[PDB]
Visitor: 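Pasting a structure here, questions to come.
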Amino acid sequence: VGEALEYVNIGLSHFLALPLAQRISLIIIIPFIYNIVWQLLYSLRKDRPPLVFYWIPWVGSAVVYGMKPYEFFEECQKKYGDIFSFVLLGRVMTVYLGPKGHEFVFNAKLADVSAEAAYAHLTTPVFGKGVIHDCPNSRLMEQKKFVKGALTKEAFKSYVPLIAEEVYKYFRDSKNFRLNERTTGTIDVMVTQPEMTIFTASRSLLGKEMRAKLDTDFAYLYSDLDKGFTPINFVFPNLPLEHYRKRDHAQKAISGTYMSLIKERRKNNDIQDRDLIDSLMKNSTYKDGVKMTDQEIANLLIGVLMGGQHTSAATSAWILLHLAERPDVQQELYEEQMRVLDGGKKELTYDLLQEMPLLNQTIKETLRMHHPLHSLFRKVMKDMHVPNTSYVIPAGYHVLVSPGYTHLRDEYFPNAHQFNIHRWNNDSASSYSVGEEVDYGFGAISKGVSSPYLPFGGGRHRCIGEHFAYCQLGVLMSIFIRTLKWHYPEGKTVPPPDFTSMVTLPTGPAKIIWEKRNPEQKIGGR
Ligand code: HEM
Ligand SMILES: OC(Cn1cncn1)(Cn1cncn1)c1ccc(F)cc1F
């Protein structure tokens, strides 16, 4: 064996004297071979979930997961069951499908998994430092608490007429509508809904000043920042191109604008209860006494607005698209509007929104069919034993949960690919905890996360924008319904989702044709 060891050194030597044709080829095919051999040895382990076979090292199943994750999950489920792993751009993802998966991932102990470790590079380059994913979990919990303080019933009461006003103003002024001059038109909903969403959300959450900013070239900065919000950040968060420079500069200029308003308000003591900015100026002190800086407040505002932007705009787009081939549902919704608002003589309020179950069921059904986040990740921090299995998920892995997948399973939602708002009759709430509850720092929420329907997630990372989303989408759809009818161009139908973008927005261009219900109706104001 001493003689064997000599030939090892000889072999190492002879390698380095190989022609580069053969040892680019060498250093290529020997990972390819080792990978296959490694998977074969891996598949024999009884303490690991089955691993989806893949040919290309590092890359893994990235391409099929990236383009059609649900079809990917369905195939893996048929073959392997509800628990399985797959390689994705250098990381091993352990998927757990179904309610048991919801429970395993969303209710995982703080010591076991980390969301911020999974998402920091996705969001921090976009929002700025010190907030959301660029901070400890208990900091995040309180930031969520701070923001929730601006999201009260009384706040929604004041938001509704503000949001309504922005919708009507958009109908009046936008080149996409111009209702005082046009009775019919064609629109790309991936153009109109992001614009309507930023106008309505800015006006209510940021306030008059920041909304006024959107009527200038300052609006261009929001687009630049929006482009940095991309899956590519998972691999290339910072790359010396101008996509990144436009992003970084936008983040600085936008937070600078918020900070200017913040410092301005404090200078003049002008701090009431107008908006989320007022709210955070009065309520952003952590439990240990440390106060958020003006930069961190601005950075939080960016993240919250940006996140709400994408989820809400995608959702109202899908609502329009599903209703476009369903004049029956438009008809039902309109009748509800006529009854609840007394033929339109009653002004829309937050309370009246609560008396519109079909409208809210329509939102609920859209979120079932189109969960804007098709996958949620956590990085595994401590080895996790999978209950009632021999499986152990080692630290360094990632767990993946997908409530959106379950939303589309017939076993939980019969005829899951049919849009049917009536499957939610006497269950028109946005969601509802109906068992024991728990507080992670931002308010009591559902302890159990086993519901097959989880558009807003669960556990410590649960959404806090749920009621704002329903308020915003509710006011907007209420006005769309009362003002317009709409349908598809001949031969067109609901498009497939684009699963490669940050949220599962519709494939473009997604066009609908609108017409005024009352051609002679005029929208007043300047
Ligand atoms: C239809 C609209 C929306 C949907 C479907 C949605 C969905 C979700 C989901 C599934 C999560 C859980 C994330 C995870 O577990 O990793 C989440 C978290 C969160 N969302 Fe939303 N969201 C929506 C709108 C909004 C809005 C409008 C806001 C703010 C006004 C918002 C702010 C947040 C915040 C602060 C978190 C917590 C992040 C964390 O704790 O890690 N969302 N959202
Ligand atoms: O959870 C997100 C980040 N994200 C995860 N997968 C894709 N994007 C999205 N989001 C959820 N509700 C709204 N946006 C988020 C969470 C909080 C936040 F402040 C911004 C933000 F983008």
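Chain A is numbered as in the PDB entry; shown residues: 8-533, in order. Quick check of the header: X-ray crystallography, 2.2 Å. Remember, it's 1-based here, ligands and their atoms both numbered in the order they're listed. Values below: every heavy atom of this structure, side chains too, minus hydrogens, waters and symmetry copies.
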Visitor: In this entry, what is the main binding partner of ligand 2, named as in the PDB entry?
Guide: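 It is most in contact with Lanosterol 14-alpha demethylase.
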Visitor: So at ligand 2, which of abacavir, fluconazole, ataluren, daltroban is it?
Guide: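 The correct choice is fluconazole.
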Visitor: Which residue holds the protein heavy atom closest to atom 4 (N) of fluconazole, what is that atom called, and what is the gap in Å?
Guide: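 Heavy-atom neighbour on the protein nearest atom 4 (N) of fluconazole: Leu129 CD2, 4.2 Å.
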Visitor: Looking only at protein heavy atoms, which one is nearest to atom 1 (O) of fluconazole, and how far off is it?
Guide: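 Its nearest protein heavy-atom neighbour is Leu380 CD1, 4.1 Å.
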Visitor: Heavy-atom distance from atom 20 (C) of fluconazole to the protein below 4.0 Å?
Guide: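 True for atom 20 (C) of fluconazole.
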Visitor: Measure the distance from atom 5 (C) of fluconazole to every protein heavy atom, then report the residue, atom name and distance (to 0.1 Å) of the closest one.
Guide: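 Minimum-distance protein heavy atom for atom 5 (C) of fluconazole reads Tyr126 CE2, 3.5 Å.
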Visitor: Just to be sure I read this right, does fluconazole sit under 4.0 Å from the backbone of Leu383, its side chain, both, or neither, counting only heavy atoms?
Guide: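 Near fluconazole, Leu383 shows nothing, with every heavy atom at 4.0 Å or more.
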Visitor: Looking only at protein heavy atoms, identify the closest one to atom 17 (C) of fluconazole and say how far it is in Å.
Guide: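 Protein heavy atom at minimum distance: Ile139 CG2, 4.4 Å.
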Visitor: Mind checking the PDB entry for the source organism of chain A?
Guide: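 Going by the PDB entry, Saccharomyces cerevisiae (strain YJM789).
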Visitor: Tell me which protein heavy atom sits closest to atom 8 (N) of fluconazole, plus the residue, atom name and distance to 0.1 Å.
Guide: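 Nearest neighbour among protein heavy atoms for atom 8 (N) of fluconazole, to 0.1 Å: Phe236 CZ, 3.9 Å.
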Visitor: Within a distance of under 4.0 Å, is there any protein heavy atom near atom 13 (C) of fluconazole?
Guide: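 Yes, there is a protein heavy atom closer to it than 4.0 Å.
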Visitor: Tell me whether fluconazole is touched by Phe384 - counting only heavy atoms on the residue side and a distance under 4.0 Å.
Guide: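 No.
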Visitor: Hey, does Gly314 come in under 3.5 Å of fluconazole, counting only N/O atoms on both sides?
Guide: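 Yes, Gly314 has an N/O under 3.5 Å of an N/O on fluconazole.
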Visitor: Give the residue, atom name and distance (to 0.1 Å) of the protein heavy atom nearest atom 18 (C) of fluconazole.
Guide: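 Checked against all protein heavy atoms, atom 18 (C) of fluconazole sits closest to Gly310 O, 3.9 Å.
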Visitor: If you count the atoms of fluconazole from 1 in the order shown, which ones are under 4.0 Å from a heavy atom of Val311?
Guide: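 Matching atoms, with element in brackets: 19 (F).
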Visitor: Provide the residues lining fluconazole within 4.0 Å, heavy atoms only.
Guide: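 At that heavy-atom cut-off, the site is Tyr126, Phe134, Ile139, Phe236, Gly310, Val311, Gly314, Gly315, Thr318, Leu380.
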